[PDB]
Amino acid sequence: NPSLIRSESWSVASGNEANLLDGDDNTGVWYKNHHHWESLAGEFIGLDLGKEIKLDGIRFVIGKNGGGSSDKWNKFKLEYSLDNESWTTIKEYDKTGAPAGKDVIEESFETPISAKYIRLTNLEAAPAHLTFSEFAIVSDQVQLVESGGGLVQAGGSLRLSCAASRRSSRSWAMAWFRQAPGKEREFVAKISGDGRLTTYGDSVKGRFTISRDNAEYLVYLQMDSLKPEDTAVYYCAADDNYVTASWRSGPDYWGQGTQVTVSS
Ligand SMILES: CN(Cc1cnc2nc(N)nc(N)c2n1)c1ccc(C(=O)N[C@@H](CCC(=O)O)C(=O)O)cc1
Ligand SMILES: [Mg+2]
Ligand SMILES: [Mg+2]
């Protein structure tokens, strides 16, 4: 009956966290981050075992069924604790360049490790889009989602990132739009499938830049020189026609939206 522990900065984008304890490798959770476009060193997910136990091994399934955008940390460690303050490392991992999808992390401890907490902890900046499927111990319907957002001051910068739950063989234009409170949703930027064509709304051109990385399968919106009238919820969207990707009616998929607030 362990329970889940994880970084408080994360938000659930799909699934529910009971799926990480149900004994099923094919159910999981996709996390995002409304405060930052990267998952940074120190973020973690794992188990509070509820008491001390002599651990003989672990089986943690990271990633989750299918393809899609980058979904796993590149460098991270397995570490454990008795008091939830002092951690000891068991193993470090470098999975840089791994394709999307499940990775079953199965470890056996020749001599038992006494712990009440055990977790995977990020070592290096990675996209803030992470999926996990299962956390266990041993003891004797494409969806787009945006990360990044929050409060920044005028003259400051913020970057947004959008990931997808599946990969397509087709070429999709991607676009950002935004809606300020009780104003019509408005086009912000679009980019063609191969990245070579971009266009911007009049009021952001020369301050915002759209770009994409088709290997990570991410689309970005770099927002520089921020102004109070950039305050809005920002949505990423996908359209199989670059011409209509700037129209409200064009896109076939829309993200969940992320609040951006620019104060004076
Ligand atoms: C819009 N798109 C998401 C998508 C596409 N290009 C991207 N490109 C970048 N750089 N970043 C993204 N977030 C991104 N997202 C889609 C659209 C359709 C299907 C989809 O229908 N996939 C089928 C296969 C059919 C197909 O290949 O279209 C499946 O079973 O996964 C997947 C992703
Ligand atoms: Mg599961
Ligand atoms: Mg279409």
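Sequence positions for chain A are given in the PDB entry numbering; the residues included correspond to 1-140, 175-298, in order. Counting starts at 1 for both ligands and their atoms, following the listed order. Values below: every heavy atom of this structure, side chains too, minus hydrogens, waters and symmetry copies. The header says X-ray crystallography, 1.8 Å.
Looking at ligand 1, the drug there is methotrexate.
The name the PDB entry gives to the main binding partner of methotrexate in this structure is nano CLostridial Antibody Mimetic Protein 8 VHH. Measured on heavy atoms with a 4.0 Å cut-off, the binding site of methotrexate is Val176, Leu178, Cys196, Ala197, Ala198, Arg200, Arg201, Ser202, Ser203, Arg204, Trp206, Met208, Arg246, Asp247, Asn248, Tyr251, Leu252, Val253, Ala272, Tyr287. If you number the atoms of methotrexate from 1 as listed, the ones under 4.0 Å from a heavy atom of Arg201 come out as 22 (N), 31 (O), 32 (C), 33 (C). The atoms of methotrexate that sit less than 4.0 Å from any heavy atom of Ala272 are 1 (C). Atom 3 (C) of methotrexate has as its closest protein heavy atom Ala198 CB, 3.6 Å. Protein heavy atom nearest atom 8 (N) of methotrexate, with residue, atom name and distance: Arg246 NH2, 2.9 Å. Against a heavy-atom cut-off of under 4.0 Å, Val176 is close to the following atoms of methotrexate: 16 (C), 17 (C), 18 (C), 19 (C), 20 (C), 21 (O), 32 (C), 33 (C). Given atom 10 (N) of methotrexate, the protein heavy atom at minimum distance is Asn248 OD1, 2.8 Å. Interface atoms of methotrexate facing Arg200, defined by a heavy-atom separation under 4.0 Å, are 29 (C), 30 (O), 31 (O), 32 (C), 33 (C). Taking only nitrogen or oxygen atoms, main chain and side chain alike, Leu178 does not reach within less than 3.5 Å of methotrexate. In this structure, the protein non-hydrogen atom closest to atom 5 (C) of methotrexate is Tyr251 OH, 3.0 Å. Ranking protein heavy atoms by distance to atom 27 (O) of methotrexate, first place goes to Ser203 N, 2.7 Å. With hydrogens left out, the protein atom closest to atom 28 (O) of methotrexate is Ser202 OG, 2.5 Å, a heavy atom. Polar contact with methotrexate: present for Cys196 (N/O pair, distance under 3.5 Å).
Atom 25 (C) of methotrexate has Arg204 NH2, 4.2 Å as its closest protein atom, hydrogens excluded (heavy atom only).
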